[PDB]
Amino acid sequence: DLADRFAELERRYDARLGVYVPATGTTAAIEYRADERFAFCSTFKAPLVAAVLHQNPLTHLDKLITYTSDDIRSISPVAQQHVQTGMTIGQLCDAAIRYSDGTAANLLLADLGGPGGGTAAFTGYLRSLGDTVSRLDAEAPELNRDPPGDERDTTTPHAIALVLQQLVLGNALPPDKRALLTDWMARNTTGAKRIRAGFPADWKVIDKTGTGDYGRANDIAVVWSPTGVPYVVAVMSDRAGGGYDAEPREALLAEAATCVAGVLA
Ligand SMILES: *C(=O)[C@@H](NC(=O)[C@H](N)c1ccc(O)cc1)[C@@H]1N[C@@H](C(=O)O)C(C)(C)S1
């Protein structure tokens, strides 16, 4: 029994786990704590890139953005290396998705513009996709730090799955922009030990991870069966019982995904 297996994993990792897989074709939706709020952490960077792509002509990707020492305020594997030269919008999108670069995401928020350094426009983009649940209130590093239960900077496995479905599988973006977002998530470097780890090699996986304080570990993915049948998989977790410094536990996500993959096979 699936709910029993997820609850077993919660006890194993002293965690709260949320899972959603939308209904499609002949599979019922898979849901576990799917309507409970979890911190976005870096998972927001996927719809952020979509927002930026949607808002501008495709060749806005070629615009050079400059930034300085005081803009590096969070884990930023790429932006720290290019600080002397700047990064184009396309480079920033690439880094935000593939390396979960915090500075890149902060600069992309500013590019979107408006109140809250872009967080309000980001939230408005989600509302345009019918997501009345999610909210972004802060940028990096603050967005990963809200106390357990606080609704700031949260989504739900249900809400973010439906957003990702529209972005990758549906028609939220035109095909060319859709393909850019899909390819960056396909080439993600941070996700090998999460949803990817729970699906057989002959299934295609694209994803965006998130990791935060209070043992937060998330992953949102689109997977394709060996016959090209796609599914959206959202797994979110925290370990609030260990306090602020609780270790995120990727293995929880790998195990949850293995259970999901068993049902979808
Ligand atoms: C978004 O989730 C980002 N999270 C980190 O910036 C955050 N400071 C943090 C990282 C790791 C911890 O143990 C605690 C807080 C980036 N996205 C993450 C991811 O998995 O995608 C990282 C790649 C770790 S950093």
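Residue numbers count from 1 along this sequence. When a ligand or atom number is given, it counts from 1 through the structure's own listing order.
- The compound at ligand 1 is the drug or drug candidate amoxicillin (bound form).
- Per UniProt, the macromolecule in most contact with amoxicillin (bound form, ligand 1) is Beta-lactamase.
- Not a single heavy atom of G102 sits less than 4.0 Å from an atom of amoxicillin (bound form, ligand 1).
- Between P248 and amoxicillin (bound form, ligand 1) there is a heavy-atom distance shorter than 4.0 Å.
- When chain A is restricted to the residues UniProt lists for substrate binding, the ones with a heavy atom within 4.0 Å of amoxicillin (bound form, ligand 1) turn out to be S100, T209, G210, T211.
- In this structure, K208 is part of the shell of residues with a heavy atom less than 4.0 angstrom from amoxicillin (bound form, ligand 1).
- Lab note: covalent bond from amoxicillin (bound form, ligand 1) to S42 OG.
- By the deposit information, the source of chain A is Mycobacterium tuberculosis.
- Of the N or O atoms in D213, none lie within a sub-3.5 Å distance of an N or O in amoxicillin (bound form, ligand 1).
- By chain and number, the binding site of amoxicillin (bound form, ligand 1) at a non-hydrogen cut-off of 4.0 Å is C41, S42, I75, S100, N144, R194, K208, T209, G210, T211, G212, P248.
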